[PDB]
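Pregnanolone complexed to Gamma-aminobutyric acid receptor subunit alpha-5, as determined in this entry.
Chain identifiers are assigned alphabetically (A, B, ...) following the order of the sequence lines, protein sequences preceding nucleic acid strands; residue numbering begins at 1 within each chain. Indexing begins at 1, ligand by ligand and atom by atom, following the structure's order.
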Amino acid sequence: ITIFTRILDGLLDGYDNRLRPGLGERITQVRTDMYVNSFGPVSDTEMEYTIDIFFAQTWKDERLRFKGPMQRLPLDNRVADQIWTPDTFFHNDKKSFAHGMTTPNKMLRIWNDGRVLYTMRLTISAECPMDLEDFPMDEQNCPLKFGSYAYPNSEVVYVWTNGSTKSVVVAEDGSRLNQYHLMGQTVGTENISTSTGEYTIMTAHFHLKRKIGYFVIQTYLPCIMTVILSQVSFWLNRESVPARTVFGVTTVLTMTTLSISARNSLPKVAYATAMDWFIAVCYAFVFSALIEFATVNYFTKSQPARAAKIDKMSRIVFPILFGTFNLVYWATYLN
Amino acid sequence: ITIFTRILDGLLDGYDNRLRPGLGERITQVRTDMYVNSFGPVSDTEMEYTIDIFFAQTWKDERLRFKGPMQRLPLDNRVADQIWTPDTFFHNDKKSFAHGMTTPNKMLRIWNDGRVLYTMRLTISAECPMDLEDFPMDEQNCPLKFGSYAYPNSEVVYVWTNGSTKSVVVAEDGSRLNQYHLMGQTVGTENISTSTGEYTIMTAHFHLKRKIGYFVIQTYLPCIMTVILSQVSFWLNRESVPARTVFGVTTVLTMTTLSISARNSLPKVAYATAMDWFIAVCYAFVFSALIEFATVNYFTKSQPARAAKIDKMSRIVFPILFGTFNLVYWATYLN
Amino acid sequence: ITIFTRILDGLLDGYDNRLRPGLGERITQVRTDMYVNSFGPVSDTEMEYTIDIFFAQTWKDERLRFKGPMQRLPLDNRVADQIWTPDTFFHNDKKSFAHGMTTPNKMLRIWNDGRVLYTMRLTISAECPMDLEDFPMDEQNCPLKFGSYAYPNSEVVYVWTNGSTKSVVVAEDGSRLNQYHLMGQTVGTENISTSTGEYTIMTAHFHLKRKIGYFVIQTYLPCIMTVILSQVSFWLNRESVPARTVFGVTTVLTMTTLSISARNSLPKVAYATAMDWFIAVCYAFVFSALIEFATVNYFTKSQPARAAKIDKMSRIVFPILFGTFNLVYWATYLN
Amino acid sequence: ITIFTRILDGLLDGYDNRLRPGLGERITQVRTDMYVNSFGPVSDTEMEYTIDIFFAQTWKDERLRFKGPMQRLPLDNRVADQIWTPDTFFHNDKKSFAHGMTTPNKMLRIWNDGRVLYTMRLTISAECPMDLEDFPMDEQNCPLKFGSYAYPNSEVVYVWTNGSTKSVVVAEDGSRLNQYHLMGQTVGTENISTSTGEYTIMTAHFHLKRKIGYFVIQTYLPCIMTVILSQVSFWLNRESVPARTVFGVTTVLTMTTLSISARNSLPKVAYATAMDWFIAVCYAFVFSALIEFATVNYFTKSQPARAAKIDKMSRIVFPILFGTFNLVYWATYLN
Amino acid sequence: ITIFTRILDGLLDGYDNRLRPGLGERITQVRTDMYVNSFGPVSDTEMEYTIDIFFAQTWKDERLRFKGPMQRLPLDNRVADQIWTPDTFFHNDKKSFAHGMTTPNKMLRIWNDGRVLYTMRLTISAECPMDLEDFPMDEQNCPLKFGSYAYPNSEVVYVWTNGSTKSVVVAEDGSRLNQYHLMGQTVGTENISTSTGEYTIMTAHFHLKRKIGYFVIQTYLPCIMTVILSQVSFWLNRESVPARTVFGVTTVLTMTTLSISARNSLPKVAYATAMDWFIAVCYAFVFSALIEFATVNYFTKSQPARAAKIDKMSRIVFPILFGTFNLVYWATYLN
Ligand SMILES: CC(=O)[C@H]1CC[C@H]2[C@@H]3CC[C@@H]4C[C@H](O)CC[C@]4(C)[C@H]3CC[C@]12C
Ligand SMILES: CC(=O)[C@H]1CC[C@H]2[C@@H]3CC[C@@H]4C[C@H](O)CC[C@]4(C)[C@H]3CC[C@]12C
Ligand SMILES: CC(=O)[C@H]1CC[C@H]2[C@@H]3CC[C@@H]4C[C@H](O)CC[C@]4(C)[C@H]3CC[C@]12C
Ligand SMILES: CC(=O)[C@H]1CC[C@H]2[C@@H]3CC[C@@H]4C[C@H](O)CC[C@]4(C)[C@H]3CC[C@]12C
Ligand SMILES: CC(=O)[C@H]1CC[C@H]2[C@@H]3CC[C@@H]4C[C@H](O)CC[C@]4(C)[C@H]3CC[C@]12C
Ligand SMILES: CCOC(=O)c1ncn2c1CN(C)C(=O)c1cc(F)ccc1-2
Ligand SMILES: CCOC(=O)c1ncn2c1CN(C)C(=O)c1cc(F)ccc1-2
Ligand SMILES: CCOC(=O)c1ncn2c1CN(C)C(=O)c1cc(F)ccc1-2
Ligand SMILES: CCOC(=O)c1ncn2c1CN(C)C(=O)c1cc(F)ccc1-2
Ligand SMILES: CCOC(=O)c1ncn2c1CN(C)C(=O)c1cc(F)ccc1-2
Ligand SMILES: *[C@@H]1O[C@H](CO)[C@@H](O)[C@H](O)[C@H]1NC(C)=O
Ligand SMILES: *[C@@H]1O[C@H](CO)[C@@H](O)[C@H](O)[C@H]1NC(C)=O
Ligand SMILES: *[C@@H]1O[C@H](CO)[C@@H](O)[C@H](O)[C@H]1NC(C)=O
Ligand SMILES: *[C@@H]1O[C@H](CO)[C@@H](O)[C@H](O)[C@H]1NC(C)=O
Ligand SMILES: *[C@@H]1O[C@H](CO)[C@@H](O)[C@H](O)[C@H]1NC(C)=O
Ligand SMILES: *[C@@H]1O[C@H](CO)[C@@H](O)[C@H](O)[C@H]1NC(C)=O
């Protein structure tokens, strides 16, 4: 153990962590790996998502080159703080933190040739814009961008691990989401020209397809039952004005109540959503069934034969219409 | 007191906490104990649970081997920071923190032979997936996985305490939960092969049985009374179209109102829940009682004798049906 | 000022804060005082309560014994870190923090004989289980336990201040609670045998009696008015089937609406609450008034005289029953 | 610049920040100034308020007395930490924090004679009990108490700035509140005898007048319309039992619905609020209009002429009563 | 690399970060740049907005002027802490924090001539008062003011960038908001006289125009449908007192239900909002249609010809009126 105490002391004696490795000589290339331990909750209201990853980075540093019996130096964060590390930051991040129990989860390993490995565990809430036009039969793509904050392209460059280690890995246990399904992952690299030089930023996209199960139970199913409720009126006595009247208005109150409740749980966007149309049409089918009787009753005095054909015809026309509406609605958005 | 100041200074003189004990010589074996002071709130929506534990770890470090009058060295965190400790982290953790008042709750004890005792207090929110198909007659198993972050199996190994201290202990005060019951605990050890070596991870499962009391009061009971409400209609005058009509529709509005409220308090999962079916069937029993009258009124003019048997039988079939339905529902899920 | 700088420097010169005072000689006895500046919000849902206290502790450290003109040394937190202090932790704590503005509120005072006074201000959210069977005519007792984390009975012992300084003091300004009333305070001491030795834990119980004012306004009163609403039906025309029918069902919808709203605000426990019964009985009084008419209507054809006695007697039986129900309900739980 | 480096080094050379200025000689007098940058949200439910202030303190420290070309030493927080400062804490505080971006906002300035200026920016959530008996025609007064935590009157004394600089200043931008109006400010000084000596505490009261606008829109106005709704019944056909019956019960359901929602937004106190009475009376005016008809219908069979005067009289008596009630209600509380 | 280690050591050798550059000779001028990476959520209730910016500042410090092969010194935060920096704080800030993952996002660059570049990433929640009289056809302007906390105009001055870097830049991805649209940005400088000298404060205004889409879907449309619902009553049988009565009251109950939910999502201000009027008028149109029938029914017995003209005229007057109402409402506020 005393052998390694002098090796560490020798490497760090006179080591200037303020300067990057290969300053004025080479561009420090960093091979970045990643393992998604858990895909945190996604929010279609706040347009963000949380993710728990093991973010690994390896680069070249000649100052740490040593020769000894061991081929690797297993070390903790106590050394990761004393040496230089890339100040990798996440561009689209909202807030982030590195897990600290028991000690700040930072693993450092130094090989003879100077190869460094500096990985940590991060829970980060990043941005994810969404176009909820097809919501809840929706598909969104949440990116994760990260690069160096202080080092332009001339000073530092990032690249993904190619071949040995998979670029992005995701655990099946953590990927489980109540309302989304993780389709896959995509990685890429790009250069960006900013007012403080051109930086290389590394993107990692997580494709998501929304699960409609919760919404069939909450909104679609009760709406369907409430338009069928309105269409019961056609089979009741046409001459019983109070019965047909109170039935038509109470069902509108029912649909009006149902649309009020469904509104609270839906994203607060400023455009029409695929569900917003389903609720709209259903309200029209409930409102229409009421107007249907208002016409039936208006003609009862002088044109009762006409008011009878309207009601009897409405018994088949209404369900056939709402039936075909669903045939088109689901056939359109489920594609 | 002056004796112990030189012993501590002597041990820490030249002590390199950056290196694990026995590097290149022995494997640091850590005996892990745990005491659940409180089982924090469990969340079936966020699929997580909070837990408050005293997490103890003991290993052997020859560098701390000393000779003196005392057999043990009672010390605080002021020494725990100066020595080496295993960087044990919890794999399924979402967020964790160690209690700090008055001082960081870390207890250190060093015996003559060099065995160390390093325990701390942790409140941690860990992951716990759930299959809420039988909710609220549910059973879940929440795990707690923890291992070393930087040291694979070759460098460090974990084992549960055998004999003196029980692996996992639970306090009678804290395990109390409003909606859950802690059945028991299970401990285990397993090896995992990762891209940074093979680590030993220690699992601790907490079995949970849900308490249906809250849900019988909130949803089951009012639904049952509201279908019984619908079945009152069969005993009223069939020829009074407004009475039977307004009664049939108002109860649907009532059942529709009841189902809207129950939906908010239930988990926002995307599959059918055991309660979701009970609400569904009840809505069907209310909707049927209405359709039952719609037929009675439809046949009342030309087929009054036929419409009479429908109403009278509905007086017994409906309650007998809903009665037998409950017999099957509860008998099925309570098993 | 130059006199005290050498006294302080002399005391701290060679002072080892890692070791407790009187190690291997005497047991460090700590007299703990407490002043509740404010009793934070109590939660009957999360089973928790917040409290803001000035937590004072005094012991004797021979190393700090000095001789000088001043009898005591007024000092800030800048010295509290340099000396030894008991690592007092709160056993039932959930989350705690020490006020830091302007500077960390820690007061240190050192007397000639070496007796120390070390107090701080703490806001702590501690556990408080509740048996809400009589809720909201309830009484709860919230404890506050604190002891040493690293020093067993043999090494450190706690005792309450008796006589000179009051053990626990509470300001009437902070004791104000919207839904609770602070009856009093009780203090005690006990020994607990743990796997790391036997420790002494100090308990402080705060007795609470719940205030029913908010609930009479929110729930009891509207329920009473809504069952009296149901009993208006007996005075209406028996031959008007729609009038009596819509009145009976709409009031059930009203009571069903009223009970749904009261449900969200009430604690989410899994057992029957004293109020849950009051809402239950009231719903029964509204549901019965409806069933009462269904029977009246069922007998109207062949037994109208019997259907008349039912309605007319119900005008007095119902209010006398609900009247006497309140007489019994309130008389039982208010005791 | 090298001149000031030697002056600062000279002043801080041998400076003991653990000791207060004038220890064992004089009482350190601190003139405290304050500037309310913003008056954070006020909460009548949690009985607290947030406030953002620039908290200034000035005293004399003879050790910092220097002679040089400059008359004052403009310094940042880097020096404020190195010297002694009063450990001023806010007694009624619940949680506070000092702004840190870019650097901890602490301004230090040292004059020749040794007078120091040490100001900081603080956002603090302080306590503010309220007597909401006249709510929402309300007026509250929130205090702000602060003194030294470790230094009694004998060692430190606080006094407000007088003359040139005003004790408390408030910006018109921050004083804007959605539901409150800031009447003015009051400052005062007092001594308090505590178990750790007698301290001097400085109070700053902020007088508040509540804005009734939000509640007229939410609660008062719809209630007024809903009692006028109930009084429509008197003008409808008295012999139409279903019409008058369904109208009477639906308005009660409407008023019962309205009172449930207004309740959620109101403070959860345990006494009657000025609004609680307005809602109560309105419910009584809706409930009475229903009983009015129940009487009309009860007398219609045998005493129809009397049932006519009741209905016709109620057309004038009811609105005149609700009219005079409002005349008295507003005249009482708005005074 | 060893060349730069002596240069840095040479520059920092004897460097006093407590003193500003050019003290007692020149005014430290700081050119401030800004890049809005994301425009965080805006709150019309809390009157605040969150923003994520790259806040850059550049000044000249002669002490850091060096001669070497490189023209600039790429450095991290490890040096930014060791040198002097302007203590720039944001005046209207409520809560701010600088991103810390991986390392504190502070970029430092030192040119030969002594020019420094000190930029950081900040997420800050600043104040933004609003006049929501025209809400939701609204326009608001949220400012962002920042200056030096300890250095008045005489010692430090702030200025906007000269043309190299644009003063305020906004990212195309992050500026997207659900309910607002970012029109543009305006920058300015002003002097303010405070009790601690006169400071220069830098303003940055972000103009916002509200999106009416969400409110058309949530409130306007259902209100439109519910007043049209009320106007159906004129076409139904005038002599059917129950039919017209239950329809009139239920639509009021429906509109009354609609107004409470609309109130929940709207800002809790104490003045009348453009929507508050639209909801009010719609309630008047539903209530009026009810009073319309009460008049028709009151005249039905003795003045049926008058009760016929009233009802028939109402079929056109009501929709024509509500039609023109929208024409004026939308035409006025949409301008
Ligand atoms: C002529 C007739 O059979 C009546 C019965 C119900 C009436 C409708 C009710 C809803 C609308 C009310 C509005 O005031 C005028 C247009 C609308 C659409 C009315 C047009 C005329 C209708 C259809
Ligand atoms: C002929 C008859 O007794 C009528 C009375 C109520 C009617 C039902 C009401 C609900 C549905 C409405 C839909 O438009 C057609 C199918 C459904 C299921 C109707 C079929 C015909 C029924 C059963
Ligand atoms: C025969 C008679 O006076 C009728 C009127 C209302 C009816 C009750 C309505 C509620 C229940 C409905 C259920 O379907 C059968 C039992 C229950 C309890 C009925 C039994 C028979 C009653 C009491
Ligand atoms: C005789 C008469 O005009 C009836 C019509 C409505 C009835 C009241 C309804 C509400 C109450 C119901 C209770 O069961 C008895 C007392 C109460 C207050 C009744 C007393 C008698 C009244 C006033
Ligand atoms: C005579 C007549 O056509 C009646 C029918 C509905 C009545 C109105 C109902 C609402 C109000 C009730 C109040 O008690 C008196 C004024 C108000 C405004 C009444 C005035 C008289 C009206 C308009
Ligand atoms: C794919 C790159 O992987 C990392 O960067 C990494 N960094 C730390 N660890 C890993 C591997 N990994 C996915 C773990 O879960 C894990 C499990 C352990 F028991 C100990 C360490 C790690
Ligand atoms: C316009 C003012 O900009 C800055 O002062 C600034 N400060 C840091 N950075 C920038 C440039 N900028 C707009 C970035 O996005 C960026 C991107 C990177 F990958 C690394 C650093 C920065
Ligand atoms: C069984 C696991 O034991 C620990 O890991 C442990 N660590 C600290 N403590 C314990 C023992 N234990 C269960 C306590 O509750 C306790 C009680 C005290 F008053 C002081 C210290 C502890
Ligand atoms: C019960 C032990 O109390 C303390 O140890 C204590 N610590 C701080 N303070 C006290 C006394 N006390 C009850 C106060 O309220 C108070 C009032 C002040 F103005 C200044 C300091 C304190
Ligand atoms: C009245 C008490 O005032 C202070 O003690 C104070 N402390 C800090 N500052 C002030 C003056 N003041 C009212 C400011 O707004 C201000 C404005 C600045 F740009 C920089 C510093 C300050
Ligand atoms: C992008 O950046 C990388 C950084 O190494 C560089 O090699 C490549 O030539 C650049 N290409 C473009 C188009 O910017
Ligand atoms: C797992 O690892 C431990 C390391 O101590 C070893 O003793 C055990 O045999 C291993 N078991 C398996 C199944 O790999
Ligand atoms: C606690 O145990 C100690 C011995 O360690 C004993 O002296 C003391 O009296 C005990 N206290 C109580 C309350 O039993
Ligand atoms: C409070 O105490 C101070 C001494 O520190 C004294 O000067 C002052 O007069 C006292 N106030 C009152 C009201 O007695
Ligand atoms: C313009 O501003 C930049 C800020 O970095 C500065 O370096 C440069 O010297 C300035 N030049 C002029 C002409 O203002
Ligand atoms: C701001 O103050 C400085 C102080 O010298 C002055 O030169 C400048 O003209 C002032 N600018 C404004 C807009 O007041």
message: Mind telling me which chains or ligands belong to pregnanolone?
response: ligands 1, 2, 3, 4 and 5
task: Give, by letter, every other chain that has a heavy atom closer than 4.0 Å to pregnanolone (ligand 5).
output: D, E
field: atom 2 (C) of pregnanolone (ligand 5) - nearest protein heavy atom and its distance
entry: E:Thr295 OG1, 3.8 Å
- request: Report the nearest protein non-hydrogen atom to atom 19 (C) of pregnanolone (ligand 5): residue, atom name, distance rounded to 0.1 Å.
  value: D:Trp235 NE1, 4.2 Å
- prompt: Which residue supplies the protein heavy atom nearest to atom 9 (C) of pregnanolone (ligand 5), what is that atom called, and how far is it?
  reply: D:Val232 CG2, 3.7 Å
query: Is it true that E:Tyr298 lies under 4.0 Å from pregnanolone (ligand 5), counting heavy atoms only?
result: yes
task: Among all protein heavy atoms, pick out the one at the shortest distance from atom 18 (C) of pregnanolone (ligand 5); state its residue, atom name and that distance to 0.1 Å.
output: E:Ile291 CD1, 4.7 Å
- prompt: Near D:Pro319, which atoms of pregnanolone (ligand 5) are under 4.0 Å from a heavy atom of that residue?
  reply: 13 (C), 14 (O)
- prompt: Quick one: nearest non-hydrogen protein atom to atom 11 (C) of pregnanolone (ligand 5), plus distance?
  reply: D:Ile228 CG2, 3.7 Å
field: Identity and separation of the nearest protein heavy atom to atom 13 (C) of pregnanolone (ligand 5)
entry: D:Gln231 OE1, 3.5 Å
message: Out of interest, which UniProt-numbered transmembrane segments of chain D (from the N terminus) have heavy atoms closer than 4.0 Å to pregnanolone (ligand 5)?
response: 1, 4
Atom 6 (C) of pregnanolone (ligand 5): nearest protein contact (heavy atom, Å): E:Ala294 CB, 3.3 Å
task: Please list the residues near pregnanolone (ligand 5), using 4.0 Å as the heavy-atom limit.
output: D:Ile228, D:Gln231, D:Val232, D:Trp235, D:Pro319, E:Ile291, E:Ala294, E:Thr295, E:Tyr298
